[PDB]
Q: 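Here we have a deposited structure with lopinavir present.
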There are 2 protein chains.
Amino acid sequence: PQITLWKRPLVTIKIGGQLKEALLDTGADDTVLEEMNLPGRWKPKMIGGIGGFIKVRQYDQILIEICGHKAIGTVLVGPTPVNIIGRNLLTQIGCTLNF
Amino acid sequence: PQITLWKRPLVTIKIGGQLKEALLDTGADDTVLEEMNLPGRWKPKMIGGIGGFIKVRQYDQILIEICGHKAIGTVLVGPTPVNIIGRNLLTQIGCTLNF
Ligand SMILES: Cc1cccc(C)c1OCC(=O)N[C@@H](Cc1ccccc1)[C@@H](O)C[C@H](Cc1ccccc1)NC(=O)[C@H](C(C)C)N1CCCNC1=O
């Protein structure tokens, strides 16, 4: 679909079998989700954005469906204020900016 | 134009007589630019990122040219590591997400 930006581009996602609301974020290199339980091994990582750094758990090769489009890639889980879908997954669903 | 998301969507902007590189960020409600000396009145503001908040100066009705597309609105200025073009200005240049 074509999504205007008068409101936050929030969409429903499905990960680990659970439905969530997440932000399509072209300003994010990575995908970071709020604290949750995901199966599989993880590695402790840290990312620094505006405001400082946070500790996250990196899950690789995680299935995630974004607005009906499937993706498999790296998902970070930690104390992020909002579920963020980053460019690593936005590219997989064929997302582009257009004006 | 159409901008893929394989790399950071960075584009050239013109503000206050200066040319700069800025990030088209659908995950940013507002626009925040690296520290610069804009004239006129301003109001303090704090904006939240992934790691916390930073203090910025809010300037209203500031003209910015984004890829040749003009826009006028609120521009925040503060210790941001990256120039960020937010939804308040992306809407003005007719920017959409498409997949
Ligand atoms: C939310 C908001 C409100 C008002 C004004 C502004 C500018 C606002 O946006 C501020 C903001 O940080 N939004 C982020 C997502 C957001 C929305 C709401 C709350 C919190 C965050 C995201 O889109 C932009 C921001 C840019 C950035 C900053 C420093 C270093 C690198 C990149 N990108 C990142 O932080 C990403 C994270 C998300 C994986 N990130 C950090 C690891 C390095 N690379 C990278 O890409």
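The sequence lines are lettered as chains in the order written, beginning with A. To match the PDB entry, the residue numbers of chain A are left as they are there, and the shown ones run 1-99. Residues displayed in chain B correspond, in order, to the PDB entry positions 1-99. Counting starts at 1 for both ligands and their atoms, following the listed order. Note that these values count all heavy atoms, side chains included, but never hydrogens, waters or copies made by symmetry.
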Q: I'd love to know the main binding partner of lopinavir in this entry - how is it named in the PDB entry?
A: Protease NL4-3
Q: Which other polymer chains sit within a heavy-atom distance below 4.0 Å of lopinavir?
A: A, B
Q: Pull out every atom of lopinavir sitting under 4.0 Å from any heavy atom of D29(B), numbered as shown with elements.
A: 2 (C), 3 (C), 4 (C), 8 (C)
Q: Which taxon does the entry assign to chain B?
A: Human immunodeficiency virus 1
Q: May I ask you to list the atoms of lopinavir that are less than 4.0 angstrom from any heavy atom of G49(B)?
A: 12 (O), 20 (C), 21 (C)
Q: Any idea which protein heavy atom is nearest atom 34 (C) of lopinavir, and the distance to it?
A: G27(A) O, 4.0 Å
Q: List lopinavir atoms under 4.0 Å from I84(A), heavy atoms only on the residue side.
A: 15 (C), 16 (C), 21 (C), 38 (C)
Q: Who's the nearest protein heavy-atom neighbour of atom 14 (C) of lopinavir, and how far?
A: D25(A) OD2, 3.7 Å
Q: Going by the order shown, which atoms of lopinavir are within less than 4.0 Å of some heavy atom of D30(A)?
A: 39 (C)
Q: What atoms in lopinavir come closer than 4.0 Å to a heavy atom of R8(B)?
A: 44 (N)
Q: Show the binding site of lopinavir at 4.0 Å, heavy-atom contacts only.
A: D25(A), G27(A), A28(A), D29(A), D30(A), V32(A), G48(A), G49(A), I50(A), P81(A), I84(A), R8(B), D25(B), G27(B), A28(B), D29(B), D30(B), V32(B), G48(B), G49(B), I50(B), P81(B)
Q: Measure from every N or O atom of lopinavir to the protein's N or O atoms and keep only the pairs below 3.5 Å, writing each with atom names and distance to 0.1 Å.
A:
residue: lopinavir; atom: 23 (O); partner: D25(A); partner atom: OD1; Å: 2.7
residue: lopinavir; atom: 23 (O); partner: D25(A); partner atom: OD2; Å: 2.7
residue: lopinavir; atom: 23 (O); partner: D25(B); partner atom: OD1; Å: 2.8
residue: lopinavir; atom: 23 (O); partner: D25(B); partner atom: OD2; Å: 2.7
residue: lopinavir; atom: 33 (N); partner: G27(A); partner atom: O; Å: 2.9
residue: lopinavir; atom: 44 (N); partner: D29(A); partner atom: OD2; Å: 2.9
residue: lopinavir; atom: 46 (O); partner: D29(A); partner atom: N; Å: 2.7
residue: lopinavir; atom: 46 (O); partner: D29(A); partner atom: OD1; Å: 3.4
residue: lopinavir; atom: 46 (O); partner: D29(A); partner atom: OD2; Å: 3.3

